[PDB]
Amino acid sequence: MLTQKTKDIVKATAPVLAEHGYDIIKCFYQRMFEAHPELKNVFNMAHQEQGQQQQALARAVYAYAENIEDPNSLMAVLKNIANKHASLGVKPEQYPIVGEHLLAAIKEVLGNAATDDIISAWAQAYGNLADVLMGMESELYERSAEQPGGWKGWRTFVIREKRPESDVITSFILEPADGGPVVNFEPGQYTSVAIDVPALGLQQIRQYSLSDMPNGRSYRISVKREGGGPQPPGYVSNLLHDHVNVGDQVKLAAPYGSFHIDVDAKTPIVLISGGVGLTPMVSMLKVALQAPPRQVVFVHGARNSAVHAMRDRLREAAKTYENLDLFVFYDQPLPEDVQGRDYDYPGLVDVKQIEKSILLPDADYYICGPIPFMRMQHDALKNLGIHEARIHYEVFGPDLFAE
Ligand SMILES: Cc1cc2nc3c(=O)[nH]c(=O)nc-3n(C[C@H](O)[C@H](O)[C@H](O)COP(=O)(O)OP(=O)(O)OC[C@H]3O[C@@H](n4cnc5c(N)ncnc54)[C@H](O)[C@@H]3O)c2cc1C
Ligand code: HEM
Ligand SMILES: Clc1ccc(CO[C@@H](Cn2ccnc2)c2ccc(Cl)cc2Cl)c(Cl)c1
């Protein structure tokens, strides 16, 4: 457990790790894969541009520093990471490998700046978070395994159907190779697919949102084909589209993820969408509007009219449910869109503009859309005094730009 002095070090130095985040990450993978090349089968080996990797890390580090004295906020951010790690199959015996190489990378990159006090303080933070995470992941694994139709680790599924939904999105329906039941999931949760990538000579693992509602027998995912032409094609989405056919097998993780409505709560729901389409948002809006009624606000951050399937489904729901309050932002309104009949406000969702409308007692907030959108909205809500534990967000479905 960290003393106040050691928390103080972490706090004063988090911006330092952040500022050097790109170099630290590069050195970390280099050192780790050199000792433990088998971990390339669990980590994502596709290249992501520099800024993106720097930011992700900066963000994790700042999230930790900000909540290092607030147990309830800290646990809220940890459970999100526990869910992802449990989806990936992270094991307790891997924590000492990651901590050794992460510390050594911190020292190497920071060079002189990496004082004895700083390395030791961050080694402590590592040991404390690893303890928390291991216990949380073990709970997840055990709870999944005890559910009817649940399991630990990889379970083999068969593609029962494969249907294009657009020229680039294809829906896959999966049933377990053993023919047994499959455990329920809530809208917003994901599976992971683990598959051998022949071009890499490695397994890769990717998360896919689980569509529709559970039925005890099968799962459905919608997979967007990534890249091609100017864009170098993505490994797993292209592999699913072009080589994974009806009758072929894939390995799935049990459903995980903390982004979902608590069907047992009675408190208000603020859904904030940054461009996600009718599928899969509809399943989640359905859960929000199940009886007994809860106050539901939907904040729809769209382009404009050009696609309006989600705007229309929402307007219809707002006519049946007096407990649904709808707000629309169009960031680039079409010449033909007028403020007041086609949308409410110009630009990206701006929560200060609707404060009184969304700042509801004991609400939970559910943000989805592009990753920078979710982050912007997360931080806006934190600035209004909302606790970390009441803000939820995740990649949700195959098209964060559908509307
Ligand atoms: C919780 C969660 C839920 C998700 N749900 C869905 C879902 O329901 N449906 C869905 O389709 N996806 C979903 N995703 C995205 C999915 O997990 C994969 O990330 C996606 O399928 C792309 O993986 P890939 O292996 O095909 O691409 P990767 O090979 O990992 O590449 C990723 C991107 O990088 C591009 N790229 C190639 N070379 C470079 C380079 N030079 N520099 C920068 N970029 C490059 C690729 O074209 C691709 O666009 C979800 C992700 C998460 C985290
Ligand atoms: C205290 C120690 C650890 C911390 C704080 C930590 C933190 C994080 C964070 C913040 C994410 C991003 C989560 C998200 O995108 O939602 C992540 C993802 C991930 N973690 Fe960890 N983690 C730790 C240990 C481990 C261990 C021991 C493993 C074992 C291999 C591991 C493997 C992964 C993988 C494979 C991902 C997905 C990203 C990718 O594939 O490149 N982590 N973790
Ligand atoms: Cl106490 C503490 C624990 C872990 C870390 C960084 O941990 C690495 C390593 N990692 C990668 C996935 N899971 C862990 C990390 C994590 C998230 C991201 Cl986005 C990139 C990286 Cl390089 C730090 Cl700075 C301090």
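In chain A, numbers come from the PDB entry; the residues present are 1-403, in order. Indexing begins at 1, ligand by ligand and atom by atom, following the structure's order. Determination method: X-ray crystallography, 2.0 Å. Side-chain atoms are counted along with the backbone in the values below, which use heavy atoms only and exclude waters and symmetry mates.
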Q: Look up in UniProt the name of the chain with the most contacts to ligand 3.
A: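 The chief partner is Flavohemoprotein.
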Q: Could you tell me which of bifonazole, zolpidem, miconazole, atovaquone, PMEApp shows up at ligand 3?
A: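 Out of the options, miconazole.
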Q: Report the nearest protein non-hydrogen atom to atom 19 (Cl) of miconazole: residue, atom name, distance rounded to 0.1 Å.
A: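 Ranked first by proximity to atom 19 (Cl) of miconazole is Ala56 CB, 3.5 Å.
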Q: Looking only at protein heavy atoms, which one is nearest to atom 24 (Cl) of miconazole, and how far off is it?
A: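 Of the protein heavy atoms, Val61 CG2, 3.4 Å lies nearest.
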Q: Of the UniProt active-site residues in chain A, which one sits nearest miconazole, and what is the shortest non-hydrogen distance (1 Å precision)?
A: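 Using non-hydrogen atoms, the nearest UniProt active-site residue is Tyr95, 7 Å.
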Q: Please write down residue, atom name and distance for the protein heavy atom closest to atom 23 (C) of miconazole.
A: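 Protein heavy atom at minimum distance: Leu102 CD2, 3.5 Å.
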Q: Give me the residue, atom name and distance of the protein heavy atom closest to atom 1 (Cl) of miconazole.
A: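 The answer is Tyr126 N, 3.4 Å.
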Q: Atoms of miconazole less than 4.0 Å from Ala125 heavy atoms?
A: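 Those qualifying, in numeric order: 1 (Cl).
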Q: Among protein heavy atoms, which lies nearest atom 16 (C) of miconazole, and at what distance?
A: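 Going by distance alone, atom 16 (C) of miconazole is nearest to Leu57 CD1, 4.0 Å.
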Q: Of the choices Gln94, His85, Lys84, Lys26, which has the non-hydrogen atom that lies closest to atom 13 (N) of miconazole?
A: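 Residue with the shortest heavy-atom distance to the ligand atom: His85.
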Q: Would you mind checking which non-hydrogen protein atom is closest to atom 12 (C) of miconazole, with the distance to 0.1 Å?
A: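 Nearest protein contact, heavy atoms only, for atom 12 (C) of miconazole is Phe43 CE2, 3.6 Å.
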Q: Checking heavy atoms only, which UniProt-annotated heme b-binding residues of chain A fall inside 4.0 Å of miconazole?
A: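 Of the UniProt binders, a heavy atom is that close in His85.
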Q: Identify which UniProt domain of chain A accounts for most contacts with miconazole.
A: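 UniProt domain: Globin.
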Q: Taking heavy atoms and a cut-off of 4.0 Å, what residues surround miconazole?
A: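 Heavy-atom neighbours of miconazole: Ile25, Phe28, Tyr29, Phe43, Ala56, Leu57, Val61, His85, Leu102, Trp122, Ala125, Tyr126, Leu129.
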